[PDB]
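In this structure, oseltamivir carboxylate is found bound to Neuraminidase.
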4 protein chains.
Amino acid sequence: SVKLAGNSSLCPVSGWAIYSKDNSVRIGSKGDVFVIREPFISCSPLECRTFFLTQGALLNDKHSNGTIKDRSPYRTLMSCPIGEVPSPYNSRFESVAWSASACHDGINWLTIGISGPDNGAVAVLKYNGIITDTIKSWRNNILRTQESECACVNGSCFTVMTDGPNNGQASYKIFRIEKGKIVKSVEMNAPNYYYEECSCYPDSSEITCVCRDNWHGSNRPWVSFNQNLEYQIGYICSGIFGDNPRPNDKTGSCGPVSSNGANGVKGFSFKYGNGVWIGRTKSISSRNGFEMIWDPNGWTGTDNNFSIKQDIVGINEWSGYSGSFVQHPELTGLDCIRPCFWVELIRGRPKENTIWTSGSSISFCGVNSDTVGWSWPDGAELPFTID
Amino acid sequence: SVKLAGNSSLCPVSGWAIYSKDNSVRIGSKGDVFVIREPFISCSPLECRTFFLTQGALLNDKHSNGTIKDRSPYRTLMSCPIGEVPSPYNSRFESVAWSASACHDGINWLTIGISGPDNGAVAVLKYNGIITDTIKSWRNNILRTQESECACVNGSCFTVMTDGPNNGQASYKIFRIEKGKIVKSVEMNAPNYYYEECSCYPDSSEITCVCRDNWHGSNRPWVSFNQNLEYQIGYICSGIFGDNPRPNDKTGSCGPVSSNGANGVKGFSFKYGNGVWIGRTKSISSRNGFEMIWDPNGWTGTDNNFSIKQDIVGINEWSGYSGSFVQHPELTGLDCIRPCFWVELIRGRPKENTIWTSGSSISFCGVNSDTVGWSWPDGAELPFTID
Amino acid sequence: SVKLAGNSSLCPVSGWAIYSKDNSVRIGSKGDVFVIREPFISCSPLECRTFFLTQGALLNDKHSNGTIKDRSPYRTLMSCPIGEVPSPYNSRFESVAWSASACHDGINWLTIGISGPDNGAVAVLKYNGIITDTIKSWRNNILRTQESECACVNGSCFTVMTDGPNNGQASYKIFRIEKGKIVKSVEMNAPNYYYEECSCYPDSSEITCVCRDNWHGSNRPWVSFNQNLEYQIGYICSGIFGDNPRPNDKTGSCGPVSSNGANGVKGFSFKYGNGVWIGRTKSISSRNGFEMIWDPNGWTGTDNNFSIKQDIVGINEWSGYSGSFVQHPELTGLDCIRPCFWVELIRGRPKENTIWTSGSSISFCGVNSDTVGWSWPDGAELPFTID
Amino acid sequence: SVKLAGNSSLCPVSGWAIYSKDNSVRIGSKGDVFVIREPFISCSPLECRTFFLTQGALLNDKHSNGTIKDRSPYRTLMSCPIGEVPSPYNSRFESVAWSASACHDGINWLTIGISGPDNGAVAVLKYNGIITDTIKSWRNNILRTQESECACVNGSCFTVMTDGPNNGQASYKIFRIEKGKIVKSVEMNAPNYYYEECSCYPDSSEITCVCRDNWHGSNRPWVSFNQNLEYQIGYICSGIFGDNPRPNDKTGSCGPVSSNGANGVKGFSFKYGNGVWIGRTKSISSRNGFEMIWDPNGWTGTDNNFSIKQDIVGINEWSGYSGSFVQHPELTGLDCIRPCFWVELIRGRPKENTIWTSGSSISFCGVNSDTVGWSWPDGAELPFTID
Ligand SMILES: *[C@@H]1O[C@H](CO[C@@H]2O[C@@H](C)[C@@H](O)[C@@H](O)[C@@H]2O)[C@@H](O[C@@H]2O[C@H](CO)[C@@H](O[C@@H]3O[C@H](CO)[C@@H](O)[C@H](O)[C@@H]3O)[C@H](O)[C@H]2NC(C)=O)[C@H](O)[C@H]1NC(C)=O
Ligand SMILES: *[C@@H]1O[C@H](CO)[C@@H](O[C@@H]2O[C@H](CO)[C@@H](O)[C@H](O)[C@H]2NC(C)=O)[C@H](O)[C@H]1NC(C)=O
Ligand SMILES: CCC(CC)O[C@@H]1C=C(C(=O)O)C[C@H](N)[C@H]1NC(C)=O
Ligand SMILES: CCC(CC)O[C@@H]1C=C(C(=O)O)C[C@H](N)[C@H]1NC(C)=O
Ligand SMILES: CCC(CC)O[C@@H]1C=C(C(=O)O)C[C@H](N)[C@H]1NC(C)=O
Ligand SMILES: CCC(CC)O[C@@H]1C=C(C(=O)O)C[C@H](N)[C@H]1NC(C)=O
Ligand SMILES: *[C@@H]1O[C@H](CO)[C@@H](O)[C@H](O)[C@H]1NC(C)=O
Ligand SMILES: *[C@@H]1O[C@H](CO)[C@@H](O)[C@H](O)[C@H]1NC(C)=O
Ligand SMILES: *[C@@H]1O[C@H](CO)[C@@H](O)[C@H](O)[C@H]1NC(C)=O
Ligand SMILES: *[C@@H]1O[C@H](CO)[C@@H](O)[C@H](O)[C@H]1NC(C)=O
Ligand SMILES: *[C@@H]1O[C@H](CO)[C@@H](O)[C@H](O)[C@H]1NC(C)=O
Ligand SMILES: *[C@@H]1O[C@H](CO)[C@@H](O)[C@H](O)[C@H]1NC(C)=O
Ligand SMILES: *[C@@H]1O[C@H](CO)[C@@H](O)[C@H](O)[C@H]1NC(C)=O
Ligand SMILES: *[C@@H]1O[C@H](CO)[C@@H](O)[C@H](O)[C@H]1NC(C)=O
Ligand SMILES: [Ca+2]
Ligand SMILES: [Ca+2]
Ligand SMILES: [Ca+2]
Ligand SMILES: [Ca+2]
Ligand SMILES: [Ca+2]
Ligand SMILES: [Ca+2]
Ligand SMILES: [Ca+2]
Ligand SMILES: [Ca+2]
């Protein structure tokens, strides 16, 4: 057992190969599958796992009612092997949680589970399933974290948490965690910026996060930092806007794009010098479709020109949250950190006539060999028996 | 593989961080979940498991009828990983049992399962799943034990069993067990005391148990002993009465408090010199709510003053049994024995209009970092389809 | 990994401690549990397992219809951990089989599964799941074997199979198997005797089997042999008759007792010099009740006097097959081979108004510490939804 | 952990002993069993697994509707232990796929999953569950592969893929794969031949495949090749025609037999010098029955004389696909590669009046000990509740 190094670069990729699809909603029409949202994938040096927030209820049972609601004492962070449906019979218990993160440092799993009331929530940190630290809300307004993997470099793992308003300026903290103990945190000086639900990855010993501006930005904010939590900030400049909702593509900005800026969706992007791989919905107004776009000057340039598009989910199909995950050299035998991504395919409320809301998932890994666009959608036929 | 030392002291703690929640009754509305009661948690040097007594039946199935009944030949002691629902598809069989204890000595699991008739019950002891001893009823009146983990120090494990009436003086025995063999037993000289369902923990090579007085005490009796089973006895002095039912808080006693003293509920407390952490129900009269209370002179002092109260379950929510469990240094890497506790959230009879009685659970570990009070209730909507 | 020695004596025992109960039928009212019959228990140097013949169907589903039928192409030998319900989600596949045996030599599992037509069935032998030998019917009349564990001594495993009429003289062969290969077999000279469904155990390097005389004996036949398959034969002499059906207890015989001799039930007994532990039904005419009797001169003496009786299942409750299993010193750390037993608790046809027949199980291990008689019955309320 | 040598010859065999049967459709009537088709078996040096293509849906649930359809975005390659039903609670996820292959090289599993559109499908190759390559459609017309195990020799694994029309000349490529990376590929010069759904096995360091001619052959084509992918081609000469449909047996041909030659079924055969073991349907016109036939000159001779026939599934029972699988010496301890085979038992559309199509399986291993013919059919009673 050895710490992941996290010191190689991101592998450059030409397209995305499908890695997993779980068909959870399809299978939960009959089988015992958790009602879930906020899924994400994270890997150890030996296997990849799907992490997700349960509702403490199964699909197609009465306790699925009301599950549009984000935060309750019943929600738990749990994990199963990638591509398997999340069921009480295959799922490992991680933490009591209505907001979460997790990541493996090479030696053990770190899990971060936020529960408690909206005015003073507490994140419980676990290393190898043992409680190792806690951190309490510091603005008393829904302490919340990534809903995707935290990032590890040389035995330290890093995450971002936000506390405060979700329709205005909030507070954003970056954390360095070692064996599940917070060893350093910094509060970001970021006036007129808004960060939430960061998708963070390691690249050459430093962390880059792409996040959700729920306040006033239809492009995505980014923060990058070193092991000492010295950070830089910015927004993705590309006029290929990454949030949902958003405007039609036009000239972008290196600040927040106010047009259609309020509200948002968790997502991700990968930086490659001045270029960017952008994952986004296909709809500008709802969580429908998904596509990957390579924009070779999109990190720093404001034009709406891009070089490559790869379809993932079709425009008339439900999508949802998306996030980054990596596969480190210790897992693959490669010489670079491999970028991958997952998409949550949300079914039910508020868009469909059900009592419940739940998602399934798809994921892909970046390759340089041949790939193809298609649509891999959820596939479930709603409503269900219980509706 | 090495014996747990058990020679460090209990970690002083300032608050309780939430560790697990299984949502078993919400899930068993559709999934295949055992009807259970009397769960408890116990840990090895590698993992924590939930142990429970099934009723040989699944929730929402006709065999769950009459599960108010305590003792039958169908009841079995099983276990699963902490925070998962108890299902036949994830559950390890331990013993045939309608009363039980279990604990791991660092090398293997000890399990204690009592079955057979009320007038001649037999505890079957197993080590690593092999039967290694038996002990038979010596008062022919419901031989019964902790319904929580036994306690181990340096290769020896310890438990308490009771035999006799449950509305008067009974007989209380203390056992030393090594590799599943009873190596010593003593009968307590405790006239006017009553002890059952003891919650016992190791602390500086010695055992402390905090039990239930079902005869005439609304404070909790305690017994502590060394490896030779030389023991001392008393009741918790605090005016913050620990049993349910009980009177409102007032001046306490260092012997049994007869007011509201008949009947009771399994519980626990942790001793820290002259102070005490008390877990108890929030209602004085029924199994509702739960809270933890730090009384810095409550072990030996009789006033009803205390310094910390942390909410766990809201007063209008169903409560039940509670018990201690520890995490040893061999598991955590800490220099002290970490105290944790679980709470059984009972649903169904006699308080609700169902044909069945079954419980879910929640657990908490002691920490010194920030924590928050809240309510983490069972969450199921009764009645169920079978009712 | 080392061969079981099989050279110590059977442990002398004063009574029987309950080891397992699975509540299969109760649990299969809702959950996914196999329809099964002919269960049995067998242990490796590390765990004990329940082996059973499925009907290729689950309880409370329509394909359970007609499962009174013994032999079909759908029946499979499968195994799960002891005390767990046999479910498609916890059961390991062993062999296609409508008659079976299994046993662990200390290194790997041997399994023996008979399938094919009644006029030319074939036993498929597997060692660690790999086909290692076959043997075909030699009388073309339902080749059949123990329906309980084979017995191992110093790397060789032994079993008995029968072929021919079930209401008359048939043929009986004994086999020595090494790494799943038959290395020697002999056909017994046993005129006027009948052997099937043998319960065989090792004791001081030799094998003793107690079997079912379906032709004309209400006491049990026995055959014992050394590693060379040199054998001795006889019937249990005790007037405490062991089969079902049988007469009421009277003077026994060392030959087959013809009174109520026809038909039978698989059973077991353990020899201790001139004495015998007899397991049997409590009813003389149907498979109801179960009891363990120590008769100190019952192996060779014909009187109906015994010294000890221990109730297991009460007279008005369904029972069924029973068999021996052992726990070798390599598993327990004892200096003797420990005797144990299981009882199948048959539910459904032909005695009850259902479409199906299935069993659950209980088992016990022999001890010298205190024990108690009771009744641990199946517990299921028939008929079921499907009926 | 060591690479499978693959340098020994195939074990000559005299008959087929039954190895597994899952009863999946019978079990799926109540249990949580995937709708599947195109199952196959493949073994490592430690265990044998069944691989299968799910339809992303369970039996007896509405999502099973329309599962006659071959290719969708929901279909996934998963695996479970041989003889267990494929359930989401015992199934390992492998790949997103509507056509697949898998094999173990002695160190890790290679999996090949083709998904995406008919005009541009991509095979995703994984080694130990990590994506290691991709190959994309080169004729834009349903890239498709074996639906059975690939074959490995000394650390290289080999498969066959087809792209083009399924009613005319297509293009056929052979691949060498090492640690999941394509290291060589060749396109076959095979005018007037057609190959798909190849059953390929190793034998004396070389690969033999027997395939399906869907264009104009009612005998089966074959291709054999060495590690450098230098190949030879031919059709099986026997007048015992192996495809389905086919004409009645008569004088065969060493090229494609046009009579009844369009259409087909996946199958297999084993070469032993100039002789062949042929598995085929018993019906000449639909997928009914199964039998094995040893024709000692059938590889190269055109007569319809043969010497052994062993019944496997009766002529009035549904059969389907069949394929080879091997057990290497590293798994068995033998001095030769053991031949085995599986048969897919298809139920539902198009032959039965259901909304769904799904398969169970049986499997057999070659032996030289005694064996028997019989029928081991699927056994389910259609229609189901969902129909
Ligand atoms: C899905 O859930 C909604 C919301 O219900 C609320 O949350 C649930 C999980 C439960 O804890 C409910 O107890 C809780 O009400 C269900 O709508 C609700 O239905 C109930 C009874 O069917 C309504 O009860 C009424 O309440 C009013 C007071 O406002 C009384 O005057 C009435 O006499 C009656 O008691 C309840 O009002 C209603 N809640 C809302 C917000 O409309 C809904 O039925 C459920 N759907 C299914 C399929 O279960
Ligand atoms: C199987 O699928 C068919 C085709 O989609 C279903 O039939 C359709 O049902 C929808 C829902 O009401 C109707 O709007 C269409 O008129 C139907 N089309 C046809 C051709 O019938 C059918 O209900 C499905 N069966 C199940 C069990 O889901
Ligand atoms: C707390 C504010 C935040 C942004 C609006 O709400 C999130 C939005 C969500 C959404 O936009 O789908 C779902 C998240 N589960 C929720 N997070 C929490 C912690 O409740
Ligand atoms: C036997 C007396 C005892 C105290 C009154 O009953 C206990 C009370 C219980 C209770 O108060 O909820 C549940 C326990 N399962 C039961 N124990 C047994 C062995 O049945
Ligand atoms: C084959 C004769 C034998 C004795 C009558 O039948 C057995 C009796 C049985 C019984 O008495 O319950 C059930 C067994 N499963 C059956 N064995 C076989 C192989 O079918
Ligand atoms: C694509 C042509 C091919 C031959 C007609 O179809 C196959 C026939 C099938 C069949 O004859 O049963 C089922 C296979 N799953 C299908 N393969 C794919 C990739 O769809
Ligand atoms: C990265 O870290 C590894 C492990 O410490 C080290 O061997 C190597 O020299 C470092 N950097 C690169 C880019 O290879
Ligand atoms: C990684 O951390 C270890 C332990 O703190 C330290 O010795 C080492 O210098 C670190 N490596 C780098 C490249 O910072
Ligand atoms: C605890 O016991 C261990 C036994 O290995 C011993 O080494 C040590 O002296 C003791 N520790 C404390 C904290 O007293
Ligand atoms: C249900 O339980 C009651 C006792 O509460 C019992 O006496 C009654 O007979 C039971 N009903 C069934 C159907 O088992
Ligand atoms: C613990 O037990 C061992 C073996 O019985 C003994 O040698 C040792 O002295 C004990 N340690 C203490 C601290 O009592
Ligand atoms: C059971 O099988 C019998 C015999 O085939 C049949 O006649 C009967 O209707 C079936 N019953 C049920 C409930 O399926
Ligand atoms: C055990 O078996 C081996 C043969 O494998 C033999 O050499 C050895 O002597 C045997 N022991 C006895 C006591 O028979
Ligand atoms: C097997 O492959 C290894 C590594 O390529 C090589 O050393 C060896 O010569 C090969 N064996 C044969 C028989 O070709
Ligand atoms: Ca926004
Ligand atoms: Ca651009
Ligand atoms: Ca009391
Ligand atoms: Ca006080
Ligand atoms: Ca008889
Ligand atoms: Ca006698
Ligand atoms: Ca053809
Ligand atoms: Ca021929």
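Alphabetical chain letters, starting from A, follow the order of the sequence lines given. Chain A uses the PDB entry numbers throughout; the residues present, in order, are 82-468. We number chain B the same way the PDB entry does; the residues here are 82-468, in that order. Chain C is numbered as in the PDB entry; shown residues: 82-468, in order. Note that chain D carries the PDB entry numbering, so the residues on display, from first to last, are 82-468. Just the heavy atoms: all of them, side chains too, but no hydrogens, waters or symmetry mates, feed the values below. Whatever order the structure lists them in is the order used to number ligands and atoms, beginning at 1.
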Got a sec? Need all the ligands or chains for oseltamivir carboxylate. ligands 3, 4, 5 and 6
Can you tell me which other chains reach within 4.0 Å of oseltamivir carboxylate (ligand 6)? Heavy atoms only, strictly under. D
4.0 Å heavy-atom contacts with oseltamivir carboxylate (ligand 6): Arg118(D), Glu119(D), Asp151(D), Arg152(D), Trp179(D), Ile223(D), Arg225(D), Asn247(D), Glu277(D), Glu278(D), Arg293(D), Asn295(D), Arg368(D), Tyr402(D)
For atom 20 (O) of oseltamivir carboxylate (ligand 6), what's the nearest protein heavy atom and its distance? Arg152(D) NH1, 2.9 Å
Which oseltamivir carboxylate (ligand 6) atoms, with their elements, are less than 4.0 angstrom from a heavy-atom of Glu278(D)? 7 (C), 14 (C)
Tell me the protein heavy atom at minimum distance from atom 10 (C) of oseltamivir carboxylate (ligand 6), and give that distance in Å. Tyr402(D) OH, 3.0 Å
For atom 5 (C) of oseltamivir carboxylate (ligand 6), what's the nearest protein heavy-atom neighbour? Residue, atom name and distance, please. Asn295(D) ND2, 3.4 Å
